[PDB]
Amino acid sequence: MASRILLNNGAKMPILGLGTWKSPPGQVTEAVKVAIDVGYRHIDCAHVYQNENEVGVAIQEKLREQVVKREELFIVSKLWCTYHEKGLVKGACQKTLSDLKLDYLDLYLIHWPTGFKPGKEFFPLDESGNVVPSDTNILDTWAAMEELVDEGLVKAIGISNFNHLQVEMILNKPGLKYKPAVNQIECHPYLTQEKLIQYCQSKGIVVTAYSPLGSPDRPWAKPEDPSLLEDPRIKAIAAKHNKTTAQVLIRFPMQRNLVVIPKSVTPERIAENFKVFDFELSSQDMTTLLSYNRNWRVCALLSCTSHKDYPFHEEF
Ligand SMILES: NC(=O)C1=CN([C@@H]2O[C@H](COP(=O)(O)OP(=O)(O)OC[C@H]3O[C@@H](n4cnc5c(N)ncnc54)[C@H](OP(=O)(O)O)[C@@H]3O)[C@@H](O)[C@H]2O)C=CC1
Ligand SMILES: O=C(O)Cn1cc(Cc2nc3c(F)c(F)cc(F)c3s2)c2ccccc21
């Protein structure tokens, strides 16, 4: 297994990256520096995570130390929902570039298909708790994303949390210039996504699996919720291979030809999570892990379910 997957712009994307959602600003600089030292080359960022400046400090130090060159890193960020209007997309990208202290991004994603009212709040709500939409549609935001490629700010563009009809809408866009390179979606043994992943891969779109460990630090976790890291069936597969449960959960998507982006701020775990290139799950193990699907989705907010472009009413 090769460590990088070819995208439809001819660039190679590392199949393992470091996630940064919920990584506190006081701890994420060290986390990214340790990750680069132990071999990570792909970092997944977003403006809404409120820590891009601190991620940028780490990247800049390791470029200055000559640990890595810029061309070896693969830096991803995402356009938040309050910037879907075509005249706001460039300025949102440039704020992220300014915080990360970079002159281009390797990949820039539409974070969610839903546009929200522009303003200071990331989740503008009405008096009854519903998100306030904007009158934007995904095709005009896509055309604004394409302009960032032509201006040299980003090397590739893609999408996140799009269902297959929303992907189809972009693929059928009048005058489509650049196809989405990536769809970043939730994927783990309790939400295996078979139909959407085969949809995407058949279309030449690479899939990145987010929350591969089930996001145990998500703020809305409840004590009664399932835990992938503690599932005794997954523990038994790990023990057979003399690996940890997290290492099996990271290797699983890699063998489906997915990119995977586990988050940690703990140095030991950052190093553990990288040590996944020296074993293989058997075909039988893969089919068994797929059988654990329960259509259990952890990233989906009730306040967004009446939005016209909410992605998760459709089957896939
Ligand atoms: N596009 C989108 O809408 C979304 C994108 N994402 C991206 O995907 C990334 C990963 O998903 P995320 O939801 O953060 O959750 P993960 O599934 O990656 O789980 C992160 C949690 O697992 C813990 N952990 C990490 N490694 C280990 C290990 N070896 N052993 C035990 N526990 C471990 C972490 O603890 P600790 O940090 O304390 O070590 C943290 O509590 C995000 O950070 C973000 O970059 C996620 C959700 C949505
Ligand atoms: O987004 C991240 O990366 C991490 N991340 C994930 C969620 C849950 C969402 N669920 C939805 C949703 F169903 C929508 F339709 C639109 C939307 F914008 C959200 S956001 C979230 C909520 C607050 C901050 C980060 C969050």
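Here, residue 1 is the first one in the sequence, and each next residue gets the next number. Any value given below was found using the heavy atoms of this structure, including those in side chains, with hydrogens, waters and symmetry copies removed. Read the numbers this way: they start at 1 and go in the same order the structure lists the ligands and their atoms. Per deposition record, X-ray crystallography, 1.0 Å.
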Ligand 2: main contacting chain per the PDB entry: aldose reductase
Name of drug found at ligand 2: lidorestat
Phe122, portion touching lidorestat at heavy-atom distance under 4.0 Å: neither
Contact atoms of lidorestat, heavy-atom distance to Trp80 under 4.0 Å: 18 (F)
Close N or O approach (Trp220, lidorestat; < 3.5 Å): no
Ligand-residue contact atoms, lidorestat with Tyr49, heavy atoms, under 4.0 Å: 2 (C), 3 (O)
Proximal atoms of lidorestat relative to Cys81 (non-hydrogen, under 4.0 Å): 18 (F)
Lidorestat versus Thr114: contacting region, heavy-atom distance under 4.0 Å: side chain
Interfacing atoms of lidorestat (cut-off 4.0 Å, heavy-atom, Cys304): 14 (C), 15 (F), 16 (C)
Identity of the nearest option to atom 3 (O) of lidorestat, non-hydrogen atoms only, from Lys22, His111, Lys78: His111
Shortest reach to atom 9 (C) of lidorestat by a heavy atom, considering only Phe123, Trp112, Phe116: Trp112
Per-residue contact class, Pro311 against lidorestat - non-hydrogen pairs under 4.0 Å: side chain
Contacts of lidorestat at 4.0 Å, non-hydrogen: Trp21, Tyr49, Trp80, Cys81, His111, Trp112, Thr114, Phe116, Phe123, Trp220, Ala300, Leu301, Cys304, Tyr310, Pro311
Between lidorestat and the protein, which N/O pairs fall short of 3.5 Å?
residue: lidorestat; atom: 1 (O); partner: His111; partner atom: NE2; Å: 3.0
residue: lidorestat; atom: 1 (O); partner: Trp112; partner atom: NE1; Å: 3.0
residue: lidorestat; atom: 3 (O); partner: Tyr49; partner atom: OH; Å: 2.7
residue: lidorestat; atom: 3 (O); partner: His111; partner atom: NE2; Å: 2.7
residue: lidorestat; atom: 10 (N); partner: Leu301; partner atom: N; Å: 3.4

